[PDB]
Participant: 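In this model we see S-rimantadine bound to Matrix protein 2.
Lettering of chains follows the sequences in order, A, B, ..., and the numbering in each one begins at 1. Method of determination (from the header): X-ray crystallography, 1.7 Å. Indexing begins at 1, ligand by ligand and atom by atom, following the structure's order.
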Protein chains: 4
Amino acid sequence: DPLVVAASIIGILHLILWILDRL
Amino acid sequence: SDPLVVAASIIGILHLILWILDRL
Amino acid sequence: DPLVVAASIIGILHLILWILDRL
Amino acid sequence: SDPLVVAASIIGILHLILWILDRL
Ligand SMILES: C[C@H](N)[C@]12C[C@H]3C[C@H](C[C@H](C3)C1)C2
Ligand SMILES: [Cl-]
């Protein structure tokens, strides 16, 4: 489903952004 | 087709939106 | 899949805890 | 069981672990 695929991409992006914000 | 996965998908998108706004 | 169920629950819990942290 | 969903599930669990630890 596009919703689950989009949320999966966004979840991976969120971790990337959060790690970068903390560092 | 799982309502929990659908709900958690919406919530995950909302979480990123809220977190970006909080940081900016 | 128990993994996707668990990540769904953890994702919901994560948003709740983070909102309460921000408040 | 899509590899993308499996990876994002693992990453979402890791994200909660890391975030709790950081806030502590
Ligand atoms: C990262 C999200 N908690 C989420 C949880 C579930 C696994 C994937 C896709 C969506 C459902 C959203 C990641
Ligand atoms: Cl934060």
Participant: So, S-rimantadine - where exactly in the structure, counting duplicates?
Facilitator: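 In this structure, ligand 1.
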Participant: Which other chains have a heavy atom under 4.0 Å from S-rimantadine (ligand 1)?
Facilitator: A, B, C, D
Participant: Students should be able to answer this: which protein heavy-atom is nearest to atom 13 (C) of S-rimantadine (ligand 1), and at what distance?
Facilitator: D:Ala8 O, 3.9 Å
Participant: Determine, counting only non-hydrogen atoms of the protein, whether one lies under 4.0 angstrom from atom 9 (C) of S-rimantadine (ligand 1).
Facilitator: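 There is a protein heavy atom less than 4.0 Å from atom 9 (C) of S-rimantadine (ligand 1).
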Participant: Which heavy atom of the protein is the closest neighbour of atom 1 (C) of S-rimantadine (ligand 1), given with residue, atom name and distance?
Facilitator: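 Here the closest protein heavy atom is A:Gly11 CA, 4.0 Å.
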Participant: Got the closest protein heavy atom to atom 6 (C) of S-rimantadine (ligand 1), with its distance?
Facilitator: C:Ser8 OG, 3.7 Å
Participant: Which residues and nucleotides from other chains come within 4.0 Å of S-rimantadine (ligand 1), counting heavy atoms only?
Facilitator: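 By heavy-atom distance, that gives A:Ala7, A:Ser8, B:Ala8, B:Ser9, C:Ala7, C:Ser8, C:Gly11, D:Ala8, D:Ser9.
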